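Heads up: the structure comes next, in structure tokens.
Within every chain, numbering begins at 1; the chains are lettered A, B, ... in the order of the sequence lines, protein sequences first and strands thereafter. Any value given below was found using the heavy atoms of this structure, including those in side chains, with hydrogens, waters and symmetry copies removed. When a ligand or atom number is given, it counts from 1 through the structure's own listing order. Method of determination (from the header): X-ray crystallography, 2.5 Å.
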There are 4 protein chains.
Amino acid sequence: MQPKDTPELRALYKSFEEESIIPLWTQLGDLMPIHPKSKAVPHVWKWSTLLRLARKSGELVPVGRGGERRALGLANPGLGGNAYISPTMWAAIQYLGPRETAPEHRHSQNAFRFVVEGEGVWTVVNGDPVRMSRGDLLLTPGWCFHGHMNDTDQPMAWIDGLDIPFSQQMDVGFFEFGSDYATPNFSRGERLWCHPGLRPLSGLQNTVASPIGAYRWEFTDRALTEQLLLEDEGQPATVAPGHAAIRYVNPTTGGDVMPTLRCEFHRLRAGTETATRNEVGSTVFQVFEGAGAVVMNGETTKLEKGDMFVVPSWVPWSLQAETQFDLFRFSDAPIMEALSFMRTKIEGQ
Amino acid sequence: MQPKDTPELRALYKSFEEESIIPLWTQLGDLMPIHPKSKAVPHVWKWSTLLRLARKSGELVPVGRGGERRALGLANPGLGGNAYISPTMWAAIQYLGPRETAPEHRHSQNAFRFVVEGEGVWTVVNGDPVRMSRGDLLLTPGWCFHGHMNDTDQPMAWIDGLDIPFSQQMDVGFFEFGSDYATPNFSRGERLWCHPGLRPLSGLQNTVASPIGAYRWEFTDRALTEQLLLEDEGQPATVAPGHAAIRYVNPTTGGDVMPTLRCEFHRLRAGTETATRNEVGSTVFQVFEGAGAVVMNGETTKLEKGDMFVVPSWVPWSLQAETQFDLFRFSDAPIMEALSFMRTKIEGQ
Amino acid sequence: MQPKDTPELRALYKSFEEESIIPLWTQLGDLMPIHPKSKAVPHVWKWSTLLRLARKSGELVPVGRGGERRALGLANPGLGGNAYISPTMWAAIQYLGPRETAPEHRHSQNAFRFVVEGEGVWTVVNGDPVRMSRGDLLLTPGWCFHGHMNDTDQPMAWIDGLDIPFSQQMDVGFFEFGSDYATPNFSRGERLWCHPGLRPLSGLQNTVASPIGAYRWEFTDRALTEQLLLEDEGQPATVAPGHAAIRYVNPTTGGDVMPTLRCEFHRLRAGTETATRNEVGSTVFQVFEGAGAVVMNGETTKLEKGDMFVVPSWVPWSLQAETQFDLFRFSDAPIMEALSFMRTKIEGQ
Amino acid sequence: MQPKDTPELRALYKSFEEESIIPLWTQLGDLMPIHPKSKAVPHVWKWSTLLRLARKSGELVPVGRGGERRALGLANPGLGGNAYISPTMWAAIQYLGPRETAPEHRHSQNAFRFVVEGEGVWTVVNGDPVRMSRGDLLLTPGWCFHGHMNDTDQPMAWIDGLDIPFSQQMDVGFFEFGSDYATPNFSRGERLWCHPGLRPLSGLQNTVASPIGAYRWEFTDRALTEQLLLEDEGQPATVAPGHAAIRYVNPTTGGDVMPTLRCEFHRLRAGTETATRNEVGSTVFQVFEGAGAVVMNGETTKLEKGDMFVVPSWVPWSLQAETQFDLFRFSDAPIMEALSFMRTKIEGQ
Ligand SMILES: O=C(O)c1ccccc1O
Ligand SMILES: O=C(O)c1ccccc1O
Ligand SMILES: O=C(O)c1ccccc1O
Ligand SMILES: O=C(O)c1ccccc1O
Ligand SMILES: [Fe+2]
Ligand SMILES: [Fe+2]
Ligand SMILES: [Fe+2]
Ligand SMILES: [Fe+2]
């Protein structure tokens, strides 16, 4: 029950409004809920829809009338009109038309770019051009100048993933505009850092984000395959049966690519069904290849190549593989783990 | 400019709404601002107002009709009706009437309690009673059962500070209800941990929050005084001239009391004016003792004993001491520092 | 068996000597032993002997003819004439006569000074005078200028403990000579750092050694007592029953006082017998107060106030308390733990 | 001067011997030297000598009469007959004859094996066979079962480098004997861990030694080459001009391969002369390929393929490259750095 609804009490309460006081006893339980109950909801975006809307955006929105910001933000139906896939993350399909470019900027927000379709596009990160192609994870960590340049008559689309929504709500955003379109097969960063177990004596200082600008498909495919081959041979390797998986990491540290964002890739042998997990914080997945399904909150949704979905904080989820099922993944887990808020429930266990 | 306002474009845009797409090019700059520009605003609450409203709340709201949650949340005028002092923090004046109690609960949200007026109240934290008195900082870190019990015919008020607003927006909240009202002068925690430079062989494992349940006035006063005395003697000690200051810390680690919240105490020799600072993230201060002023965004506000104010992300601020000026402080700085978002501008420097 | 003792083989072997080759197959097992088997042996030094030899040294060795280096190194009978208590540590009884002084030097070797008998002696550490008295642990960490000055007509003796033997064998030794004999009751360091759970905003940077120059008896006694009182009350605290114990720590970090040396203090309720332990690396203990015994390798030795003993790597040991038994302790454990060589066997467990 | 040589003093001194006391004032300065002055001396071993003595050892010392321990320890002429290359390190040429094997053991001492000549030998490390070939660095970290098996009619030689001398002097040595000779091209470890910037979700826990069992030539060559190519292009990369260099690292951590031992590889463009360095602790180098020289203490020695040399603590050294000069390197630097004893002087700087 509340306090007696008296004239004295309504006066007290008129004073509260005047004085910028809100009394705890008027509040609803869910200011401190039994467990996390997100405003954001589990949602799926069909690739064939995203691709159709992106080609269309490309016709209608050329450069000089919107075309240098041609990204279609996946907006969670529960997040009140904000361009947020979850409370922490932004996820958009950038569509780069034939021969298009962008100038250099920087910002505190951390970003990656995961190539879906296309080749011959370079993103230049602090002056170092990083060739882009299908299955490549690129990084443009906080405060690194990045611009891009298409070298071809062909469109490219990629997932444009950022901690924009965390950064906006917590007030950490900074942004600056900056000052030959070279096309090396491999960036300097990779030429220094993509040799396994080796570290340059000039790179002895640890960094906060990874210095690897592209994690190329090749390597991601080979690791996932070797984990499956090791399963066939009775050797331990997969996280769970028929579930191969790698985390993309900062080689100076062995930790996450950037402070706010985790990236991973999972490959599921056909028939594999994962155990249901409740994880604190939000994750987004994208079907790289194959066919299968997700369950979220008990509800199964069938998935096709390119489809993207979000699991908010604590929503129970699992994946199931009809064919062999490749999935790119990202999450706000390094925020929850850095701050000791992370909890995990797994069904068996 | 935007794309040509054509029927085709309005169709594209009707599809976006249907499909939960929001295009980056429609967005306003301030999704990624030049620097942080908070929705929250600098604001001051006058203690004499908070005290008047608290006594009143005590008459009108007894136990069984709201009285076990008698906290008056300082609500930022810019934060749209949420009981938030800033986007990350909650700050309330809890008013405990004569002989009142509360039962044990726990929650993932981290909390402290800074005693303003009163004595003879124990908060019991995982079964360990912590006597409360004026100038004491108490902790009830995430997931620690806490309840309280007043032992006296006298009211007590304290600042009830939590990371409630961070926890709600990011979805990390959990909460549980729990299962003799002993009155020791000192808690076990303090009996183990409040011996300087000494650590118990049974407490060799590092912890995420501090195990010190009360940081008593005595010690805080003595440290601040010794720093001033050391200044008089030509020895280095103060952070800036006439500006003595301590940070409350976790002795297992030397870091912050809890993962999301920093606490500090500042004592200003009369006449001292601090250099203007822009700091990422938000802080709240409370005048423990003395008289002086704050400048925030260029605007001076005079301050009296008990007055509380908030400096959102990047608002330029300084303090000025007319008499000798004691101030309790807290902030979301460990979140910004844990995630490499922290930046600091200082005027001289 | 060896290779056939042939003229060819003796030639091979004459070549080895010539060429600075020593073949593994000629070596004895104990270049890589089943477990650690120290050259050093368990040994006890009787205080009444150390005191007698120290007074004597004081008569015969005044200043200008040896008296500024009046330390009597405990030399392990197994360590071949080196002034080593163990392979890693040096432990000596420094005897300071009436009014004597020493000038400032520094060195990479880490050092502490544990006051046994005496008062009114200051050691000055980087210009900061640290009053010395009975039961105080003082530090003079690596590379800190230290000199001392006696202020009284009375001798003082203290344990002078260093990582001299580690430093000599591994080649890390550096040494420099340096450039009013003030007598403050408390050093600056302590005035800044001996307030429990508080840290100065000017001391926000972590350090490698502790900045606390004296860990005074007072605090050590109070902690040990509170742990015993907590045992009487059914509260967890002691490491083992009737075994109270603290580790001296670096407050910036919560770790060991200095990188190579651990210090601790143990208080045993009468009747308490500890469980036998095999620990990697060496430790030295000194009976501060009480009467009791040690077992080392199965052999019991009775102990009196001041007596000192060493347990080399892996020697099984325990302590037994006839009266209430106070013991200062140091070891090379931070070297073994830093390098993952530490192992521990305990009898029950 | 000493104390007066009196009968009383000789008595005092007879008591010291009796009582296991050695007085500091009798000691020589160099118990705490101005800077490190090693017992060990700079020394070179000519490969053509090591190879000749190894073939010979192979004839004279077959299996069953010494042949399973056919390693020729490089013994520093200054270290009094111990099989030590420096006070911290052991370095030997293991010579494995046609078809020979060894059974599994383990020990706390950390070890690597750097292949010089040969192929078709597997070392099996905790049951995982690691193919060996020229230029490969293999690890067998502390406490990992390792045995080997030759698969060929051909001898192989490798550098057999351990922290044997540190382990013996400090007393940390443990050793155990253990319980199909499979020949995979690549070990499991490498199949999991040698994909750049990728980490298996089953390997999320940090380790103390690297889990990479072989750092193959291929990768080491490619990194060194790419650093030189990057120099040609005006991009920063080399540690110094014409001086390319990588450190072998633990990918879970980015730190050193094992806690006591650092490994590195340097490639010098012809004509390159390095700046003179004094580094705390000892290092050993082996000419993998090319021709050039070392200066140590001012004395130049010409070097050929395979030649090995040691620079004790603080000996000033530099390398000079007549042709293009490839050098494997190891040191006790992680011990000095872990314990804050490391110091570095460089000539320019
Ligand atoms: O990082 C950027 O360039 C960027 C900024 C805002 C939205 C999408 C993006 O790729
Ligand atoms: O920690 C609590 O008991 C608490 C919970 C919500 C609001 C204010 C509070 O002190
Ligand atoms: O630290 C010193 O002054 C010292 C040096 C050598 C021996 C004993 C000592 O106290
Ligand atoms: O690691 C070993 O097997 C070993 C042990 C002693 C000497 C040389 C060695 O390779
Ligand atoms: Fe950007
Ligand atoms: Fe609570
Ligand atoms: Fe000294
Ligand atoms: Fe071995």
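In this structure, the drug modeled at ligand 3 is salicylic acid. The largest share of close contacts with salicylic acid (ligand 3) comes from the chain named in the PDB entry as Gentisate 1,2-Dioxygenase. By chain letter, the other chains having a heavy atom closer than 4.0 Å to salicylic acid (ligand 3) are C, D. At 4.0 Å, heavy atom to atom, the residues around salicylic acid (ligand 3) are C:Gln94, C:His105, C:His107, C:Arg113, C:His146, C:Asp160, D:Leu24, D:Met32. Atom 10 (O) of salicylic acid (ligand 3) has its closest protein heavy atom at C:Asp160 OD1, 2.3 Å. In summary, the atoms of salicylic acid (ligand 3) found under 4.0 Å from a heavy atom of D:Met32, numbered by their order in the structure, are 5 (C), 6 (C). Near C:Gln94, meaning under 4.0 Å from one of its heavy atoms, salicylic acid (ligand 3) places the atoms 10 (O). Less than 4.0 angstrom separates some heavy atom of C:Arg113 from each of these atoms of salicylic acid (ligand 3): 3 (O).
Between C:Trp90 and salicylic acid (ligand 3), no pair of N/O atoms sits closer than 3.5 Å.
Atom 1 (O) of salicylic acid (ligand 3) has its closest protein heavy atom at C:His146 NE2, 2.9 Å.
It turns out that the other ligands and ions under 4.0 Å from salicylic acid (ligand 3) are ligand 7 (FE (II) ION).
Protein heavy atom closest to atom 3 (O) of salicylic acid (ligand 3), with residue, atom name and distance, is C:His105 NE2, 2.9 Å.
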